[PDB]
Amino acid sequence: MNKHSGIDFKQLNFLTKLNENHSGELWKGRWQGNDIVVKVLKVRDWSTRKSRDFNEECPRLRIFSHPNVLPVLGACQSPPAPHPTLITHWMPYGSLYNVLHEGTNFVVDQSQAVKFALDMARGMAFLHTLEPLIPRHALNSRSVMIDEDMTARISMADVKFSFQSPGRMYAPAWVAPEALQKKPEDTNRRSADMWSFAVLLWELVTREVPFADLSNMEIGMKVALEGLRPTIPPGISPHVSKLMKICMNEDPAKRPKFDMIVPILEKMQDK
Amino acid sequence: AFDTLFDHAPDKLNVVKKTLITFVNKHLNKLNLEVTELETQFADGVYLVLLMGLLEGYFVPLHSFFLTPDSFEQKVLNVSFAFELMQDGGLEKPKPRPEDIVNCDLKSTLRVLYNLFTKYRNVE
Ligand SMILES: COc1cc2ncnc(Nc3ccc(F)c(Cl)c3)c2cc1OCCCN1CCOCC1
Ligand SMILES: COc1cc2ncnc(Nc3ccc(F)c(Cl)c3)c2cc1OCCCN1CCOCC1
């Protein structure tokens, strides 16, 4: 018998559709007393091989041991489900991107921003102690979620599975220059994540979307080949400037580890 | 269908070629790339890959294709990959073989470009 049956698709209560795009559909719903989000994945040329792969890749995402990591609660295997499907807890404030850039009711203050940074650094430091994932993870403001108490959590449901095209990159502004150009197996993937964190710091400082005026193709090509970088913001403290520059080192090997910047961010907290 | 626009209205054909020229430059000029000649400038597959990312809103990592192809085989692989991106975006499998594009078959090239134009003409 299989080691995991996964979540029974028939037990999902689909309530309201949240979004649809190239990657699939998001729904708010309920499952076994939980308020959830369901992602129904769109996949071309689904096969038994890809289905087997999905079912081997999902168990690693069920991480319940760290407050700044949002687990996949489970996944629906397809077959028997109509489509490969992921479930996680509903995060009431949505993504960090939503909170920073689409927030119509309040502007988070900089003390909260520094707490978001600490939260994300702690979650990434924990993830970096684990064995590498087969699915490709990418840290950016859409893949961090904000829970009911404003805790920032790395969303494990936002990984890219082996059957999702590695040839299409949709958030290149957060990706390290080497990762725009080299296969993952030819990069230090953990150091690439530090670059992404540096761009998150920039986003928390400016409250702007990085390279907002450019298309994704323009961003990737200009960062990879023309040296395009975020402009260091004017009028910020030398300490924040220094942290952002070390995290965004051109040399991946000179970037700090997340567990090195956690105590730095702890000292920057208000409380 | 498109074959009638090609063969037996050669001044309509030239009208289609200038429409396709304007369409591809709208996007490739954003990368500082200029197209003046549809007969050859898509043959190595590079501009097709770049164009698909510009039209469908993604970057293509440079390890996924050959940005500077050094052989007929690498150009065929580029065109085959662009064809896969096309199908990812909702187009049916393109009719020409990838070697038809690499060999500067004008009809094959114009057929592929025209189907992109039909689909994406309003993308900004
Ligand atoms: C409060 O809203 C969300 C909470 C969420 N909580 C957890 N996860 C979400 N998304 C997510 C992303 C990937 C996944 F695989 C899964 Cl299972 C879930 C969530 C997506 C959420 O909203 C998605 C739709 C965002 N809207 C879309 C329309 O314009 C305004 C913002
Ligand atoms: C070379 O070592 C790693 C590479 C890694 N590459 C990519 N990702 C890693 N971890 C990771 C990164 C993000 C995640 F979401 C999760 Cl769940 C795990 C990695 C974790 C890695 O090591 C974890 C620590 C234990 N290993 C064990 C043996 O040799 C190296 C040290």
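Within every chain, numbering begins at 1; the chains are lettered A, B, ... in the order of the sequence lines, protein sequences first and strands thereafter. Just so it is clear, the values below take in all heavy atoms, side chains as well, and ignore hydrogens, waters and symmetry mates. Counting convention: from 1, in listed order, for ligands and their atoms alike.
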Undergrad: Could you tell me which macromolecule makes the most contacts with ligand 1 here? Its name in the PDB entry would be great.
TA: Integrin-linked protein kinase
Undergrad: Which of lometrexol, aripiprazole, samuraciclib, tirofiban, gefitinib matches the drug at ligand 1?
TA: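 That's gefitinib.
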Undergrad: Judged by heavy atoms, which other chains are less than 4.0 Å from gefitinib (ligand 1)?
TA: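 By letter, the heavy-atom neighbours are A.
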Undergrad: Define the binding site of gefitinib (ligand 1) at 4.0 Å using heavy atoms, by chain and number.
TA: A/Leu26, A/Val37, A/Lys39, A/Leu86, A/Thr88, A/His89, A/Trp90, A/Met91, A/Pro92, A/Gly94, A/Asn98, A/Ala157, A/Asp158
Undergrad: Give me the residue, atom name and distance of the protein heavy atom closest to atom 19 (C) of gefitinib (ligand 1).
TA: A/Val37 CG2, 3.8 Å
Undergrad: Which UniProt-listed ATP-binding residues of chain A does gefitinib (ligand 1) come close to, with any heavy atom under 4.0 Å?
TA: A/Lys39, A/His89, A/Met91, A/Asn98
Undergrad: Does atom 8 (N) of gefitinib (ligand 1) have a protein non-hydrogen atom under 4.0 Å from it?
TA: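 Within 4.0 Å of atom 8 (N) of gefitinib (ligand 1), protein heavy atoms are found.
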Undergrad: Counting contact residues of chain A for gefitinib (ligand 1) domain by domain in UniProt, which domain has the most?
TA: Protein kinase
Undergrad: Give the atom numbers and elements of gefitinib (ligand 1) that come within less than 4.0 Å of a heavy atom of A/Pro92.
TA: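 Here the atoms of gefitinib (ligand 1) in question are 1 (C).
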Undergrad: Pairs of nitrogen or oxygen atoms closer than 3.5 Å, one from A/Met145 and one from gefitinib (ligand 1): do any exist?
TA: no
Undergrad: Do any non-hydrogen protein atoms sit less than 4.0 Å from atom 11 (C) of gefitinib (ligand 1)?
TA: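 Given the 4.0 Å limit, the answer for atom 11 (C) of gefitinib (ligand 1) is yes, a protein heavy atom qualifies.
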Undergrad: Can you list the atoms of gefitinib (ligand 1) that are under 4.0 Å from a heavy atom of A/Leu86?
TA: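 Near A/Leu86, the atoms of gefitinib (ligand 1) are 15 (F), 17 (Cl).
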Undergrad: Please list, in number order, the atoms of gefitinib (ligand 1) under 4.0 Å from a heavy atom of A/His89.
TA: 6 (N), 7 (C)
Undergrad: So which protein heavy atom does atom 30 (C) of gefitinib (ligand 1) come closest to, and at what separation?
TA: A/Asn98 OD1, 4.3 Å
Undergrad: Under 4.0 Å from a heavy atom of A/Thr88: which atoms of gefitinib (ligand 1) are those, numbered in the order shown and with their elements?
TA: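 That gives atoms 7 (C), 8 (N), 17 (Cl), 18 (C) of gefitinib (ligand 1).
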Undergrad: To check your reading of the model: name the closest protein heavy atom to atom 14 (C) of gefitinib (ligand 1), its residue, and the distance in Å.
TA: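 In this structure, atom 14 (C) of gefitinib (ligand 1) has A/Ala157 CB, 3.5 Å as its nearest protein heavy atom.
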Undergrad: Considering only non-hydrogen protein atoms, determine which one is nearest to atom 26 (N) of gefitinib (ligand 1) and report residue, atom name and distance to 0.1 Å.
TA: A/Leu18 O, 4.9 Å
Undergrad: Can you tell me which residues in chain A that UniProt annotates as binding Mg(2+) end up with a heavy atom closer than 4.0 Å to gefitinib (ligand 1)?
TA: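 Per UniProt, the ones with a heavy atom under 4.0 Å: A/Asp158.
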